[PDB]
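Bound state: Gentisate 1,2-Dioxygenase + salicylic acid.
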Protein chains: 4
Amino acid sequence: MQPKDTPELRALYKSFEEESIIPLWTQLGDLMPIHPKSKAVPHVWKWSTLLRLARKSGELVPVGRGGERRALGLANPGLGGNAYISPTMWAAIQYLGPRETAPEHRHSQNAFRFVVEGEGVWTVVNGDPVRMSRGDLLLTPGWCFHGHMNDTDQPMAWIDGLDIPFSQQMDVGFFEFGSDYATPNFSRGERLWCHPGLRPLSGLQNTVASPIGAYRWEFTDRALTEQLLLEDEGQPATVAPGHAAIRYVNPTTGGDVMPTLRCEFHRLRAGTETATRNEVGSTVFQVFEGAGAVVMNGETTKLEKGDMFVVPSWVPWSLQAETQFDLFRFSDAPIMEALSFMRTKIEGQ
Amino acid sequence: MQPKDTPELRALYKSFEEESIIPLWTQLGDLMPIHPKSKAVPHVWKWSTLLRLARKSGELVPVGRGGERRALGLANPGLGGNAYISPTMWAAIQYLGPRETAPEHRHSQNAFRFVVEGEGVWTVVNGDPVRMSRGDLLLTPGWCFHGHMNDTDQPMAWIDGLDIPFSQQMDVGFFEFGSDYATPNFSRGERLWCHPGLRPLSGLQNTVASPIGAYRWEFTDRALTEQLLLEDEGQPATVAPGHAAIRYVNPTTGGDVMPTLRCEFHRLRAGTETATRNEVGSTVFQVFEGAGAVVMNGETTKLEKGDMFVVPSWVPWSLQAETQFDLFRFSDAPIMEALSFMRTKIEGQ
Amino acid sequence: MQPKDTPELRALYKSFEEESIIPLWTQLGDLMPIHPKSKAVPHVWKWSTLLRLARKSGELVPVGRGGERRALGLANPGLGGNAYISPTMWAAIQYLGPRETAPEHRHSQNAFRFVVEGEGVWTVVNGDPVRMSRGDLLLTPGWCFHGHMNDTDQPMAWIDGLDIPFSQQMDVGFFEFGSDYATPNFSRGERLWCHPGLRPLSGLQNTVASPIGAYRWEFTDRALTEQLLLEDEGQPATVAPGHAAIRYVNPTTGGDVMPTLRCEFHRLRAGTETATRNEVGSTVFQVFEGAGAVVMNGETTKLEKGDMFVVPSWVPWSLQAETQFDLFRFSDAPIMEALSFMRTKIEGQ
Amino acid sequence: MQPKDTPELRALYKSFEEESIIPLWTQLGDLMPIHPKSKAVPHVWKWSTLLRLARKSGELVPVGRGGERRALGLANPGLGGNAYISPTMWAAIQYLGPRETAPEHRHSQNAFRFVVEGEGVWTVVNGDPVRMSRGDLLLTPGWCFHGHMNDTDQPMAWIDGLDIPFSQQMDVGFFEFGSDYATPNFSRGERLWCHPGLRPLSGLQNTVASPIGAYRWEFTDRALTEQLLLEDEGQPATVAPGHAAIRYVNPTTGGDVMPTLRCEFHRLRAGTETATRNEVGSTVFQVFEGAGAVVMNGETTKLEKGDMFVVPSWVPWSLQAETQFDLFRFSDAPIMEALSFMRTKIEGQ
Ligand SMILES: O=C(O)c1ccccc1O
Ligand SMILES: O=C(O)c1ccccc1O
Ligand SMILES: O=C(O)c1ccccc1O
Ligand SMILES: O=C(O)c1ccccc1O
Ligand SMILES: [Fe+2]
Ligand SMILES: [Fe+2]
Ligand SMILES: [Fe+2]
Ligand SMILES: [Fe+2]
């Protein structure tokens, strides 16, 4: 029950409004809920829809009338009109038309770019051009100048993933505009850092984000395959049966690519069904290849190549593989783990 | 400019709404601002107002009709009706009437309690009673059962500070209800941990929050005084001239009391004016003792004993001491520092 | 068996000597032993002997003819004439006569000074005078200028403990000579750092050694007592029953006082017998107060106030308390733990 | 001067011997030297000598009469007959004859094996066979079962480098004997861990030694080459001009391969002369390929393929490259750095 609804009490309460006081006893339980109950909801975006809307955006929105910001933000139906896939993350399909470019900027927000379709596009990160192609994870960590340049008559689309929504709500955003379109097969960063177990004596200082600008498909495919081959041979390797998986990491540290964002890739042998997990914080997945399904909150949704979905904080989820099922993944887990808020429930266990 | 306002474009845009797409090019700059520009605003609450409203709340709201949650949340005028002092923090004046109690609960949200007026109240934290008195900082870190019990015919008020607003927006909240009202002068925690430079062989494992349940006035006063005395003697000690200051810390680690919240105490020799600072993230201060002023965004506000104010992300601020000026402080700085978002501008420097 | 003792083989072997080759197959097992088997042996030094030899040294060795280096190194009978208590540590009884002084030097070797008998002696550490008295642990960490000055007509003796033997064998030794004999009751360091759970905003940077120059008896006694009182009350605290114990720590970090040396203090309720332990690396203990015994390798030795003993790597040991038994302790454990060589066997467990 | 040589003093001194006391004032300065002055001396071993003595050892010392321990320890002429290359390190040429094997053991001492000549030998490390070939660095970290098996009619030689001398002097040595000779091209470890910037979700826990069992030539060559190519292009990369260099690292951590031992590889463009360095602790180098020289203490020695040399603590050294000069390197630097004893002087700087 509340306090007696008296004239004295309504006066007290008129004073509260005047004085910028809100009394705890008027509040609803869910200011401190039994467990996390997100405003954001589990949602799926069909690739064939995203691709159709992106080609269309490309016709209608050329450069000089919107075309240098041609990204279609996946907006969670529960997040009140904000361009947020979850409370922490932004996820958009950038569509780069034939021969298009962008100038250099920087910002505190951390970003990656995961190539879906296309080749011959370079993103230049602090002056170092990083060739882009299908299955490549690129990084443009906080405060690194990045611009891009298409070298071809062909469109490219990629997932444009950022901690924009965390950064906006917590007030950490900074942004600056900056000052030959070279096309090396491999960036300097990779030429220094993509040799396994080796570290340059000039790179002895640890960094906060990874210095690897592209994690190329090749390597991601080979690791996932070797984990499956090791399963066939009775050797331990997969996280769970028929579930191969790698985390993309900062080689100076062995930790996450950037402070706010985790990236991973999972490959599921056909028939594999994962155990249901409740994880604190939000994750987004994208079907790289194959066919299968997700369950979220008990509800199964069938998935096709390119489809993207979000699991908010604590929503129970699992994946199931009809064919062999490749999935790119990202999450706000390094925020929850850095701050000791992370909890995990797994069904068996 | 935007794309040509054509029927085709309005169709594209009707599809976006249907499909939960929001295009980056429609967005306003301030999704990624030049620097942080908070929705929250600098604001001051006058203690004499908070005290008047608290006594009143005590008459009108007894136990069984709201009285076990008698906290008056300082609500930022810019934060749209949420009981938030800033986007990350909650700050309330809890008013405990004569002989009142509360039962044990726990929650993932981290909390402290800074005693303003009163004595003879124990908060019991995982079964360990912590006597409360004026100038004491108490902790009830995430997931620690806490309840309280007043032992006296006298009211007590304290600042009830939590990371409630961070926890709600990011979805990390959990909460549980729990299962003799002993009155020791000192808690076990303090009996183990409040011996300087000494650590118990049974407490060799590092912890995420501090195990010190009360940081008593005595010690805080003595440290601040010794720093001033050391200044008089030509020895280095103060952070800036006439500006003595301590940070409350976790002795297992030397870091912050809890993962999301920093606490500090500042004592200003009369006449001292601090250099203007822009700091990422938000802080709240409370005048423990003395008289002086704050400048925030260029605007001076005079301050009296008990007055509380908030400096959102990047608002330029300084303090000025007319008499000798004691101030309790807290902030979301460990979140910004844990995630490499922290930046600091200082005027001289 | 060896290779056939042939003229060819003796030639091979004459070549080895010539060429600075020593073949593994000629070596004895104990270049890589089943477990650690120290050259050093368990040994006890009787205080009444150390005191007698120290007074004597004081008569015969005044200043200008040896008296500024009046330390009597405990030399392990197994360590071949080196002034080593163990392979890693040096432990000596420094005897300071009436009014004597020493000038400032520094060195990479880490050092502490544990006051046994005496008062009114200051050691000055980087210009900061640290009053010395009975039961105080003082530090003079690596590379800190230290000199001392006696202020009284009375001798003082203290344990002078260093990582001299580690430093000599591994080649890390550096040494420099340096450039009013003030007598403050408390050093600056302590005035800044001996307030429990508080840290100065000017001391926000972590350090490698502790900045606390004296860990005074007072605090050590109070902690040990509170742990015993907590045992009487059914509260967890002691490491083992009737075994109270603290580790001296670096407050910036919560770790060991200095990188190579651990210090601790143990208080045993009468009747308490500890469980036998095999620990990697060496430790030295000194009976501060009480009467009791040690077992080392199965052999019991009775102990009196001041007596000192060493347990080399892996020697099984325990302590037994006839009266209430106070013991200062140091070891090379931070070297073994830093390098993952530490192992521990305990009898029950 | 000493104390007066009196009968009383000789008595005092007879008591010291009796009582296991050695007085500091009798000691020589160099118990705490101005800077490190090693017992060990700079020394070179000519490969053509090591190879000749190894073939010979192979004839004279077959299996069953010494042949399973056919390693020729490089013994520093200054270290009094111990099989030590420096006070911290052991370095030997293991010579494995046609078809020979060894059974599994383990020990706390950390070890690597750097292949010089040969192929078709597997070392099996905790049951995982690691193919060996020229230029490969293999690890067998502390406490990992390792045995080997030759698969060929051909001898192989490798550098057999351990922290044997540190382990013996400090007393940390443990050793155990253990319980199909499979020949995979690549070990499991490498199949999991040698994909750049990728980490298996089953390997999320940090380790103390690297889990990479072989750092193959291929990768080491490619990194060194790419650093030189990057120099040609005006991009920063080399540690110094014409001086390319990588450190072998633990990918879970980015730190050193094992806690006591650092490994590195340097490639010098012809004509390159390095700046003179004094580094705390000892290092050993082996000419993998090319021709050039070392200066140590001012004395130049010409070097050929395979030649090995040691620079004790603080000996000033530099390398000079007549042709293009490839050098494997190891040191006790992680011990000095872990314990804050490391110091570095460089000539320019
Ligand atoms: O990082 C950027 O360039 C960027 C900024 C805002 C939205 C999408 C993006 O790729
Ligand atoms: O920690 C609590 O008991 C608490 C919970 C919500 C609001 C204010 C509070 O002190
Ligand atoms: O630290 C010193 O002054 C010292 C040096 C050598 C021996 C004993 C000592 O106290
Ligand atoms: O690691 C070993 O097997 C070993 C042990 C002693 C000497 C040389 C060695 O390779
Ligand atoms: Fe950007
Ligand atoms: Fe609570
Ligand atoms: Fe000294
Ligand atoms: Fe071995």
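Labels below follow one simple rule: chain letters A, B, ... track the order of the sequence lines, proteins then strands, and each chain is numbered from 1. What you see below is based on every heavy atom in this structure, not just the backbone, and it leaves out hydrogens, waters and symmetry mates. Just so you know, ligand 1 is whichever comes first in the structure, and atom 1 is the first atom listed for that ligand.
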Exercise. What are the identifiers of all copies of salicylic acid in this structure?
Worked result: ligands 1, 2, 3 and 4
Exercise. Which other chains are in heavy-atom contact with salicylic acid (ligand 3) at under 4.0 Å?
Worked result: C, D
For this session: Considering heavy atoms of the protein only, find what lies nearest to atom 1 (O) of salicylic acid (ligand 3) and give residue, atom and distance to 0.1 Å.
Result: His146(C) NE2, 2.9 Å
For this session: Check if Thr140(C) has a non-hydrogen atom at a distance under 4.0 Å from any atom of salicylic acid (ligand 3).
Result: no
For this session: Mark up the atoms of salicylic acid (ligand 3) that fall under 4.0 Å of a heavy atom belonging to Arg113(C), in ascending order.
Result: 3 (O)
For this session: Before signing off on this row, confirm whether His107(C) and salicylic acid (ligand 3) have an N or O atom pair separated by under 3.5 Å.
Result: yes
For this session: Would you mind listing which atoms of salicylic acid (ligand 3) come within a distance below 4.0 Å of any non-hydrogen atom of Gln94(C)?
Result: 10 (O)
For this session: Could you establish whether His105(C) and salicylic acid (ligand 3) come within less than 4.0 Å of each other, counting only heavy atoms on the residue side?
Result: yes
Exercise. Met32(D) heavy atoms, cut-off 4.0 Å: which salicylic acid (ligand 3) atoms fall inside?
Worked result: 5 (C), 6 (C)
Exercise. Using a strict cut-off of 4.0 Å, what other ligands or ions are found near salicylic acid (ligand 3)?
Worked result: ligand 7 (FE (II) ION)
Exercise. In salicylic acid (ligand 3), which numbered atoms sit nearer than 4.0 Å to a non-hydrogen atom of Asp160(C)?
Worked result: 7 (C), 8 (C), 9 (C), 10 (O)
Problem set entry | Test item, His148(C) contacting salicylic acid (ligand 3) (heavy atom, 4.0 angstrom) | no
Exercise. At a 4.0 Å heavy-atom threshold, which residues contact salicylic acid (ligand 3)?
Worked result: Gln94(C), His105(C), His107(C), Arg113(C), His146(C), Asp160(C), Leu24(D), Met32(D)
Can you produce the list of protein nitrogen or oxygen atoms under 3.5 Å from a nitrogen or oxygen of salicylic acid (ligand 3), alongside each distance?
unit_1: salicylic acid (ligand 3); atom_1: 1 (O); unit_2: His107(C); atom_2: NE2; d: 3.3
unit_1: salicylic acid (ligand 3); atom_1: 1 (O); unit_2: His146(C); atom_2: NE2; d: 2.9
unit_1: salicylic acid (ligand 3); atom_1: 3 (O); unit_2: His105(C); atom_2: NE2; d: 2.9
unit_1: salicylic acid (ligand 3); atom_1: 3 (O); unit_2: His146(C); atom_2: NE2; d: 3.1
unit_1: salicylic acid (ligand 3); atom_1: 10 (O); unit_2: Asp160(C); atom_2: OD1; d: 2.3
unit_1: salicylic acid (ligand 3); atom_1: 10 (O); unit_2: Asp160(C); atom_2: OD2; d: 3.3

